[PDB]
Amino acid sequence: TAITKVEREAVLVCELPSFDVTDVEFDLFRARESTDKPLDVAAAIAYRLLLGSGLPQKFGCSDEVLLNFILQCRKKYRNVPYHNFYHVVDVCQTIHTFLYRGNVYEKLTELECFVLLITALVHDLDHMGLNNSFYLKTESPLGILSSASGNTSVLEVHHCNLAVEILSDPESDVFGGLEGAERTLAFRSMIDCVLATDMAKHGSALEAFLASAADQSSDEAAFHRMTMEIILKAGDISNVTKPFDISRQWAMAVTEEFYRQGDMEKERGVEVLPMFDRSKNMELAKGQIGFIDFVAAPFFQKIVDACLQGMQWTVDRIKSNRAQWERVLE
Ligand SMILES: COc1ccc(C(=O)Nc2c(Cl)cncc2Cl)cc1OC1CCCC1
Ligand SMILES: [Mg+2]
Ligand SMILES: [Zn+2]
């Protein structure tokens, strides 16, 4: 279904006064509250980020095709508490800061940077607020296909299907100005990156990045592809790297989405992990401190020390946020 001029214009009128979408302290929550059309403000933010990068122009992507693409993506996000359009616009904004404030763009081609910013916006398409384990536990029809065809990444394959669908329309094909090996690389790297966001692949992903970083000269292509995967993963788990009040609001949203999954599991009589169990009754800080200690702090420290020195602020902020969660526990 084609994007209309009227849908484009409602995005184009958002001027985002008092916001700098390129800054590491940018507050998407404040942006959403700033008007009564937060879906338009979010789309404008994505649009300004992509155009501001100078990348779509270089790869033959018109302003209009870019905006159509952003709006086709937006239509395929659901009204779930966390994995909605605001999460992927956030991931897009965050990756922009890693590339340009954290100087990770130096490690990548311009095309790879363009693909990363585009891929941020597709990477969770039509998320329903249930994780891969739910579909597997319940033998949902919606994930029988995945296991039957040799992959457990039910959601991520689904996101890729839909990204390909959006891009198949010339009106929203942001890769339509590419040809040959470049067009092929855009699609392949986009899909590799989305598939790599499955946290069941987190450990192997991180360890494959660290290996290629320790020896970049031996296989440049591999290092480029792994750097893209790790930066999309970094954007995806970046909530704990933000100013505390922003970080706390993301944590509230993730937790509500998890609890809704847990409630559906109780309805089905299947297993509910404590992290998903509304009845255990919080507290927010305990879950955050745990996620920081066991997942997020070691991830950012390892990728920063290995390679990505310009992203040191992520480690600093994680440390800071952890201390604040400790104070909230009294
Ligand atoms: C804002 O705090 C969190 C942010 C993100 C995630 C998280 O697991 N995100 C994620 C998910 Cl849920 C699925 N695939 C990839 C990723 Cl990165 C998890 C977070 O904390 C959870 C909630 C209680 C402990 C873990
Ligand atoms: Mg995902
Ligand atoms: Zn995501």
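By the numbers in the PDB entry, the shown part of chain A spans 587-916. Order of appearance sets the numbers: ligands from 1, and atoms from 1 within every ligand. Computed from heavy atoms alone, side chains included, the values below leave out hydrogens, waters and symmetry copies.
- Given Targretin, alphaxalone, piclamilast, the drug or candidate at ligand 1 is piclamilast.
- Per the PDB entry, the macromolecule in most contact with piclamilast is Class 1 phosphodiesterase PDEB1.
- Per the entry, the organism of origin for chain A is Trypanosoma brucei.
- Of all atoms in piclamilast, listed by their number and element, those nearer than 4.0 Å to a heavy atom of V840 are 1 (C), 3 (C), 4 (C).
- Counting atoms of piclamilast from 1 in the listed order, those under 4.0 Å from a heavy atom of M785 are 14 (N), 15 (C), 16 (C).
- Taking 4.0 Å as the cut-off, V826 does not count as a neighbour of piclamilast on heavy-atom distance.
- Interface atoms of piclamilast facing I823, defined by a heavy-atom separation under 4.0 Å, are 17 (Cl).
- Counting atoms of piclamilast from 1 in the listed order, those under 4.0 Å from a heavy atom of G873 are 24 (C).
- Heavy atoms of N825 found under 4.0 angstrom from piclamilast belong exclusively to the side chain.
- For atom 22 (C) of piclamilast, the nearest non-hydrogen atom from the set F844, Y668, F877 belongs to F844.
- At a heavy-atom cutoff of 4.0 Å, piclamilast is contacted by the side chain of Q874 but not by its backbone.
- Near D822, meaning under 4.0 Å from one of its heavy atoms, piclamilast places the atoms 15 (C), 16 (C), 17 (Cl).
- Against a heavy-atom cut-off of under 4.0 Å, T783 is close to the following atoms of piclamilast: 14 (N), 15 (C).
- Proximity of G876 to piclamilast is not established, as no heavy-atom distance is less than 4.0 Å.
- Here is the list of piclamilast atoms found below 4.0 Å of a heavy atom in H669: 12 (Cl).
- Neighbouring residues of piclamilast under 4.0 Å (non-hydrogen atoms) are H669, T783, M785, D822, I823, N825, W836, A837, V840, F844, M861, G873, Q874, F877.
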